[PDB]
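A short worksheet on the structure shown next.
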Amino acid sequence: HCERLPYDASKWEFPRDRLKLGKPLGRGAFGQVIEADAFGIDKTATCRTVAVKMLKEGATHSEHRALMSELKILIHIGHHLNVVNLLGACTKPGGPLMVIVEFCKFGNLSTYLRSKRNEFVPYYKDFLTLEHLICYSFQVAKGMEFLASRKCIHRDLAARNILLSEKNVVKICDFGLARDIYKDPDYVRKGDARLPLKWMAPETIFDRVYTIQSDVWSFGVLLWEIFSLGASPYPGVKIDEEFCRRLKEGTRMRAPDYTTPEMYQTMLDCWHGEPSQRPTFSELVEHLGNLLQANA
Ligand SMILES: CNC(=O)c1ccccc1Sc1ccc2c(/C=C/c3ccccn3)n[nH]c2c1
């Protein structure tokens with residue numbers, strides 16, 4: 001019910017003429033994220049690279065409403081290291097709605113990890129290591145625990161919606177309308193929708209129920225993506241009625257190439273058939289914290 005939420009223009013509004021729009025970072029049918037240079041958005045009189053979401057030719061007022069509600073929910077959520085943070089917005093009539101968040105130098109985590117297969121050692125400068133992988137996992141759990149604390153759920157948690165910034169900081173985001181879900185193989189036709197089926201819990205697939213505990217299922221798939229170094233889930237499996245049936249039956253992915261035994265058990269835990277029996281994000285934070293320390 002985001003339509004009832006506040007937008008405080010005195011706090012968030014940023015002049016469109018102080019934004020210099022650059023190259024696209026992601027394009028969907030109706031939306032896009034573009035790299036931009038912003039003058040003084042978060043520090044007095046200093047230029048800052050940012051990411052701005054706005055609509056595209058083809059969009060209608062209903063996409064505009066959805067983008068406005070995205071802005072309001074980002075205000076409600078507030079700041080945490082492990083979520084992409086809102087820096088401002090352009091909402092003034094006469095120009096397009098723009099939602100401005102921090103820029104994350106390395107882009108999405110799925111693409112990034114997939115590029116590091118020849119630059120990974122379990123235990124070489126700028127090589128990824130097992131510690132990196134556990135560290136990213138822990139950070140995303142911290143960010144999700146934070147989102148849950150705000151009574152929000154993600155609904156599209158996946159490595160493609162995690163960004164890598166400087167100093168090995170990862171941030172949860174959602175490309176949303178700025179992803180071409182009609183051309184993206186990760187989204188599969190189900191009725192009138194294109195859904196991220198490989199990341200979805202059985203209750204979401206079958207009952208269209210979304211909760212924080214269904215986000216936990218997705219987090220388990222995210223873990224598999226991290227510890228496969230950006231591989232595509234359910235390798236060599238057609239995503240159809242048979243896939244969904246077997247998932248309800250209890251079929252799970254095998255251990256990915258770069259996992260530890262306890263990381264794989266954590267994936268299986270997140271994939272409990274019973275939502276209430278999956279760990280919470282708070283439990284995951286504690287566990288991943290211990291695993292990180294054990295690695296060190
Ligand atoms: C919930 N809404 C959002 O997450 C959101 C809001 C406003 C603007 C964008 C986003 S999502 C997003 C997507 C990509 C980014 C990037 C960087 C992308 C990048 C960087 C290098 C190479 C390729 N891509 N930084 N920040 C981003 C935020």
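One-based numbering along the sequence shown. Reckoned from all heavy atoms, side chains included, excluding hydrogens, waters and symmetry mates. Structure determined by X-ray crystallography, 2.0 Å. Read the numbers this way: they start at 1 and go in the same order the structure lists the ligands and their atoms.
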List the drug name recorded for ligand 1.
axitinib
List the chief contact partner of axitinib in this entry, with the name from UniProt.
Vascular endothelial growth factor receptor 2
Any idea which of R160, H154, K105 brings a heavy atom closest to atom 21 (C) of axitinib?
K105
Closest UniProt active-site residue, chain A vs axitinib, heavy atoms, 1 Å
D156, 10 Å
Does an N or O from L163, backbone or side chain, lie closer than 3.5 Å to an N or O of axitinib?
no
Best match, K171, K53, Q32: closest heavy atom to atom 10 (C) of axitinib
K53
Hey, which atoms in axitinib end up nearer than 4.0 Å to a heavy atom of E70?
1 (C), 2 (N), 3 (C), 5 (C), 6 (C)
Help me out - which UniProt domain of chain A has the most residues in contact with axitinib?
Protein kinase
Nearest protein heavy atom with distance in Å, relative to atom 13 (C) of axitinib
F175 CZ, 3.4 Å
Using a heavy-atom cut-off of 4.0 Å, name the UniProt ATP-binding residues of chain A that are that close to axitinib.
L25, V33, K53
Give me the residue, atom name and distance of the protein heavy atom closest to atom 4 (O) of axitinib.
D174 N, 3.0 Å
Site residues for axitinib, heavy atoms < 4.0 Å
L25, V33, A51, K53, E70, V84, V99, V101, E102, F103, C104, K105, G107, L163, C173, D174, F175
